[PDB]
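Structure, carfilzomib (bound form) included.
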Amino acid sequence: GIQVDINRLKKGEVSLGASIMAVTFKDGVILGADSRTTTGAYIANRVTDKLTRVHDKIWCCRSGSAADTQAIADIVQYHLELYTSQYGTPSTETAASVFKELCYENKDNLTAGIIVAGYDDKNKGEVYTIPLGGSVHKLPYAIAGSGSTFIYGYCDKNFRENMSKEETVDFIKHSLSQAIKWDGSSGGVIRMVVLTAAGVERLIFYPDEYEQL
Amino acid sequence: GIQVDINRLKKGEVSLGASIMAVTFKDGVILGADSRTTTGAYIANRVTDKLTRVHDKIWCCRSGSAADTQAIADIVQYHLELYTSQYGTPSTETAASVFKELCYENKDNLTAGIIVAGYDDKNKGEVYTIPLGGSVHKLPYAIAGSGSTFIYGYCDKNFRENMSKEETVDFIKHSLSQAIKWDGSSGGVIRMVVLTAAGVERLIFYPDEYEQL
Amino acid sequence: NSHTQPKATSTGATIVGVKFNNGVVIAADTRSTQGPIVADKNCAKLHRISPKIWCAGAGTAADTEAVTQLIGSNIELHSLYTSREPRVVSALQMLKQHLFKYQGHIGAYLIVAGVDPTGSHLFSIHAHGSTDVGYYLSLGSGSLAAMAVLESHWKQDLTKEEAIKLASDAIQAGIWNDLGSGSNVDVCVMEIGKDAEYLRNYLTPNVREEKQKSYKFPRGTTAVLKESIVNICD
Amino acid sequence: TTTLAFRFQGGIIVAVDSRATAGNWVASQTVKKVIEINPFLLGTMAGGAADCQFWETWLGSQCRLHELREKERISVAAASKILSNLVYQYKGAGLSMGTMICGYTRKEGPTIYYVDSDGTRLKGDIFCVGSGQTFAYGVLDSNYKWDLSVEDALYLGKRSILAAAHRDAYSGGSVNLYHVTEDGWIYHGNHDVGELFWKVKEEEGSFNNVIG
Amino acid sequence: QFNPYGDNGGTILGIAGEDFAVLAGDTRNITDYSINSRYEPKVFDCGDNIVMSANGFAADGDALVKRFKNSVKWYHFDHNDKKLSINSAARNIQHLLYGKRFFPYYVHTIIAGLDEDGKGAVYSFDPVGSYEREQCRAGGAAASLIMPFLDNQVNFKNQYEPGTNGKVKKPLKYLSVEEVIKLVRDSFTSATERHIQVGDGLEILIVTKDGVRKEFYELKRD
Amino acid sequence: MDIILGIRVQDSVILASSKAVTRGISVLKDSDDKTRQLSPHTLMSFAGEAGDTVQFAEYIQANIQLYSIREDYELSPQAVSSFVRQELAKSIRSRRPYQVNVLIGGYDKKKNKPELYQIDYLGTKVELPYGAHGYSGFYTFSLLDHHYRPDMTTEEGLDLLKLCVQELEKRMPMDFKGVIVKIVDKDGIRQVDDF
Amino acid sequence: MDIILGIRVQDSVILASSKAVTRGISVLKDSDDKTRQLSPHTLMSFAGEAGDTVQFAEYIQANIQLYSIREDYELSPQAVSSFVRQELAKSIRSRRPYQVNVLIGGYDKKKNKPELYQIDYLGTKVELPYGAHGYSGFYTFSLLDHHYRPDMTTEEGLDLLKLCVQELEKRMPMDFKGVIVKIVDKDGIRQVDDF
Amino acid sequence: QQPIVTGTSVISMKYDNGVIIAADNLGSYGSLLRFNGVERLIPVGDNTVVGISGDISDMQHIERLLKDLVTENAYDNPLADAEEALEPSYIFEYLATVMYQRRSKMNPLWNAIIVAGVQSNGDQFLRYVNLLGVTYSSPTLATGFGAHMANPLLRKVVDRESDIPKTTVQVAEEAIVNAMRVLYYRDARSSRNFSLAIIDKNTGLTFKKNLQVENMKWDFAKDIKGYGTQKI
Amino acid sequence: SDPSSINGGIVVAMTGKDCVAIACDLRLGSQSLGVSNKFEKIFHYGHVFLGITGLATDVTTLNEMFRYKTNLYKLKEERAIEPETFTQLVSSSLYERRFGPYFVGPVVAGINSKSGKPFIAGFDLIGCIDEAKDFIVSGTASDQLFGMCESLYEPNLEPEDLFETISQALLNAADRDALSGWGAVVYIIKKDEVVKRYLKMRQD
Ligand SMILES: *[C@@](C)(CO)[C@](*)(O)[C@H](CC(C)C)NC(=O)[C@H](Cc1ccccc1)NC(=O)[C@H](CC(C)C)NC(=O)[C@H](CCc1ccccc1)NC(=O)CN1CCOCC1
Ligand SMILES: [Cl-]
Ligand SMILES: [Cl-]
Ligand SMILES: [Mg+2]
Ligand SMILES: [Mg+2]
């Protein structure tokens, strides 16, 4: 029962309670997220961007504490920029390792549920999930945030490997639509980020569309 | 989270954390449930019957405290038997009202999440859900128990009104299969009870079948 | 680290920030509270970080003034070092990393706004070190009263005069409906290519009415025991 | 509060302050802390204002019913015991009362009874009750003799309250004096500390700690 | 865990003259930092030339006033329509309050009227029933702000006759109804400035032998 | 519960200090001297937490004696009291503060005046005509407000002190086993053996 | 706290009880008699929670006096002590128990023997040659183990008692303002006025 | 004791000929938005509407009391549908009595309630009561988040008593519908679907079900990137 | 165990026509026990005046600290510190102890020697500056002082009239507070003369 994750948060701090997911597919990987930020039952920001760049084609989805995830993501971006200056482009695994190192070594003072997703040319699309404990788990797709509980059933039944871009976008849209519908901590617009060899594409979807799916 | 549902229980008492649901359809209504009973992380009973008869064609699904739900169901069965002796067959609404009265008036001392389901000839299949507070909610279908959180997404997307018997059985089987897969408090066999004009039919489904759905 | 001071001043407030065509505007009320008591009836909640970057502050009054001055000091030295006009993202980054380091014990909640060579910017910073971006933002005890107005009347492509009207209307909603906020409305407009104009007491809708009586005492009313000339000179 | 009453050659002196507080907030400077039960019986009040005020006016009703039923004025011992038996029934419930039942009867003579809210009931010649009781004791004990005159005894009682009013932050306002004889109680006026302190300082030459 | 009390703010003020008495009180009702109502009266005519106000927790305040109004009604029935004197009303209220000694009405009560000699009277009560007649009393949220001002202006405290070396005090005298209303209006405008829970409007109830008159004044709404 | 008193008169300062040392339900000693001589014309009495009192008193004593040797000069009572206050003012914000209250009675040879300072464990200094620490003050202050005069002699001060001790012996709950009295004047420090 | 002692000798029972009544930092009274006569040859001393002590003592006193009138006969000390114990044994499991400890000293006229019973607030009765309640026992028991003999006279018992009071006055933290001593024997109850 | 299944804000205001009241159709189970078909406006007769927030089980208890009150009033009452019909002031005072009695037994009905209606003489009635038994009246009234966000907006239309005759039903309903949108933006336990009720002295009771929040502004979200420095 | 209300005390400051006034009570107690009636809470460094309420040990410590700092200021700057500058110095010094603060409520008062403008200011315990045209209050009877000042105060009072207003504000506030009173001192400050008066008040 996951009131406990919220329970870990510092009193009166902004909460990211979220509906975040990353899905690998034929051409690469797609990250998806809602846009709601809460302070108790008040929505502090209804148009938040929870998908954040740590490198050109390595992004992450943030959940848990807004402050903690931002501080971590900023440090990771710094590490990978310094890595690139010396050793060239880092692997998605390398990025996940830097995230893990920060999350694990500071597991008591932090509340950060992060999904790392990136595109290599050799390794194609990859997804690593990092829960509260600071453990790393490489998966075909990953879901996280307060709203993810409501779509474990749906996502497990509907996920297939080697999907197309349009299919994966529909999979993420339908999933987050349900997570938003049931989770009060999730809502607003559905942001998405597409990572392929072609480049980086940002997508957005509004309530009027996804609510009536 | 689910904790404050389980945080309600008295220390050391048997827990009925569950995956229960009732679904109306063309010919009547079907009740469904898992068979797991826990004391912490130990499974006290792996073959429990959570579907219980309060009248010929009025049954209920039990979740929460095993002791509390049993005590309530026994009292309701007594009331409806006495009702039948004086006024004839009670409506499903009447049964739900008796459940509510006990749950609401003793809301502080009880932990009982009950789904009531019955078949009239006039009213056909009906489903009433009664959560912890003691409120009543009449619905086309209902889900409850610790494992229901994981299938809100799936059930909302897949439920249709006026389904057939075979379709409804598949809907319940696939749903509870997922709830069981993700919820540690749920498991064992999937029991079902079919309520129609034809009569009462009991169904059972074993892990080897439903796990690999 | 000390887990709060109750004695420490922590004013109720309504501060807002609104983006427009060629810049950004911020506004605030002018009430400072001590518990239920109004300590200052006309304080200035709009602070200067740099000439064209300004900062509205709510929460622990000492922490907002102290953190805005410290970062403003370091921004000035940074501007001199780099021979460049300071950027809003630099103030944002320096503020959040400071606030995060202290884990929320510095109770500063800020709306940062300004213009720089990159353009016009509007951010909010919370005590624990999280930051948000927006076209319209509100903090303080009257943030909900203000945000209600902002959600009702805000649109894309606001003019300068429309943004000032929307901002002051949002502050007024806080003044009237929130007990933590009151008195006057301060405004600061930061347009691109122009000097930032600080409009102290832009509105004064809460003037004290004439008293019914004068309480000037007859001379000699107070009983005195001793008089003595005090030496202030050397 | 500060209240006292002592026994001496010429009867009983009773003296009280008039302050009432709610924490550090001075709520009143003009509270009557002596209750006039009957022409021969007095009661002092210290502790919870409502508790004292309510139950001592109730005590007066019980004393009236006694003299109607028995055709005779109630004894000081019996009156004090009605109050002490009442508060004992409420023991643990959180009543806060520090009282003194002072009076004269034929069979008893001049008599003083200390009665508090935790059930204690004591007969005695000298008692000081309240937050400033220790301050009053200091002056009273060091100047007390049985052979004091009515004039000197009245002053010592007044001066002992004044001492407490000065030092104790939760005592002050004004001094109420009473004198109890074989003929009943006699009121000896309300004395504001505002004027009384300076009058006493000048005439007595005391209070040298204060800037004159 | 359930907390049965709440703070509805506001402040009240009673002053007594020679042949009259006033009972004022602001009309603002609040919870925490929100305004519930800008005009919610809490000073009531209770009959028999008695005005009453029970400031603090409004639910308990309303319950008490309601019960006292009813007490007046049954006093008439049981005692041949006899007029309830202000001193008798005061004692009756003490028993109402002390009746709930172990689950109190969280209110500061003030009543005002004329005594049996036709002279102005103000009585004030604590939450559990201790009462006292006074010339002057402020109660409620801004009581600590207003009360010392009244000590100075009504009872002329700390004021001495000029030139008398602080020996002769300023003599006590009754104030006119015009002078009293000036002090009330100045008390409430000052309290509105410095206390957040006080404002919106002021309602004064004046009590003379002729009856009960009302006066209303605007206050700052911030 | 530990009694320490002080009375400044015309030409001297008189300090009285209880003799009892109690631990649990046992009076371990009834002849304890709760004072240290800081300098020939400066005396400090003390009371508070066990151990802390003597450790603090002796630490101050050592520092004042070090100053006297270094400068071949006696520090004024005002100077000593300010030094003591600062040490307690430091102490209160330490990891483990000294829980000690003191009275400093001294005779200033330059001014030819007696001086009495009352300092609590927080570092709160006040010069007074008469002073006391602990529960003693609740009785002695009001008593001295009445009976004290500024122009009294040393003998009148001792009778005034007897009046305090009598009152304390009458109304205090604990048996403090009498007091050791010491006088500080122009001729230095001496003890009254029969009290 | 309060001091109540008891010594049974050859032909009598001697009870000693402290005179002090203390509340807060003030000794309100120094002449209090902490005992009640239950019957002509039975005396009960008491100590404990304020209010409870006297309320309990008088309640027992009334009940024993009622029995005496009804039967025109004096109850034996053993019978009285058993009655008192049962009342305390009921009390301890009540909503609000009597927090009172007692000593019952009596002379049995049928046996011609003195008897001393010690009962605590729980209802724990023991017959003893010497007894004490509270912190007093921690000193007096070992002292009496040494000096007590069973065949002592009343005068020898009073000297033995003086020895206890002296020790308590020396080593007890609180001033209990001396004791009131009473003797119970074949001729009834009497008070020693000079102690 | 605590609320389990809960209902959020109830908002309301007066206008020239009557009163308007609204509330969304959500029954929250903590952070879970569990029930979506919950009606929280309950009409009593053809002249009163009771809007209830807080514990839904306690709301259903109050429903039954009001239902039973209509029945009881009809007993031995030939003028039950005329002069001796239930007034809004009667219905409110009953509820207010119950709420204060329950709090006084340390067993409160957890709710916040607003009784809106029109009296027999044409006067507008609008008054609030909650779990503590606290009551107040005002031209605009709201519960929960509504108090913080709706009231400010509704008071811009009707700031004092004298603004009531100047406010038409069209203007008033527009303000209410706007307020419901703002609550959907900013209240984490609110839904898009809601019910609205108008009680007019001339046209009577109009009960509107299955309304939705519309004309929402979300387009500006696409321009918002990152949380500070991020450009992509 | 609330540091700000163990010893008790009050300070108030006001402005007038070309003048300022600052006043304080004389009480120092230990909760209920009154200990000293000579404990002044107003100090001065050159022409700048500082009043301090709160925990007495910190009042003393801060006086000694600001005497220390203003003396070094004068030696290096070769001039006396001004009220506006001193106000900033007090704010800095208090916030330096942010997470272990002095439990005080200081109040600055004085006239700028260059411009001649009357100046007053107040602080919380961690150094938040509260500037005001009219008046500043501090101490255990701050609520009372706020009430008295708001009603009695009017702008541009002459030194002789200002004395009466501040004195009446302090006295009547102190009499409604148990931990304040026991005497009072009022400073009237003109451009180049300063008068100090001790008030007669009730000694309870
Ligand atoms: C000296 C002065 C102090 O001990 C005397 O002992 C006097 C005795 C006289 C009055 C008989 N004692 C008090 O003044 C007494 C102190 C006290 C307070 C509370 C409990 C025990 C002792 N003061 C009071 O009782 C005040 C009297 C009012 C001011 C007239 N009353 C209160 O504080 C009340 C009621 C207290 C209470 C007791 C039991 C149950 C419920 C309440 N409380 C309030 O008024 C609360 N509040 C305080 C701030 O102002 C708004 C109201
Ligand atoms: Cl964020
Ligand atoms: Cl079971
Ligand atoms: Mg399982
Ligand atoms: Mg005093």
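Chain identifiers are assigned alphabetically (A, B, ...) following the order of the sequence lines, protein sequences preceding nucleic acid strands; residue numbering begins at 1 within each chain. Keep in mind that the numbers below use all heavy atoms, side chains included, and drop hydrogens, waters and symmetry copies. Contacts are counted only within the shown part of the entry, which is not the complete deposit. When a ligand or atom number is given, it counts from 1 through the structure's own listing order. If you check the header, you will see the structure was determined by X-ray crystallography, 2.9 Å.
- Across the structure, carfilzomib (bound form) can be traced to ligand 1.
- Structurally, the main neighbour of carfilzomib (bound form) is the chain that UniProt identifies as Proteasome subunit beta type-5.
- Other chains making heavy-atom contacts shorter than 4.0 Å with carfilzomib (bound form): D, E.
- Around carfilzomib (bound form), within 4.0 Å by heavy-atom distance, are found D/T1, D/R19, D/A20, D/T21, D/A22, D/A27, D/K33, D/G47, D/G48, D/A49, D/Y170, E/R101, E/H108, E/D126, E/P127, E/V128, E/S130.
- This deposit refers to chain E as Proteasome subunit beta type-6.
- Looking at UniProt's bortezomib binders in chain D, a heavy atom closer than 4.0 Å to carfilzomib (bound form) shows up in D/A49.
- The covalent attachment site of carfilzomib (bound form) is D/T1 OG1.
- Result for chain D and carfilzomib (bound form): the nearest UniProt active-site residue and heavy-atom distance (1 Å) are D/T1, 1 Å.
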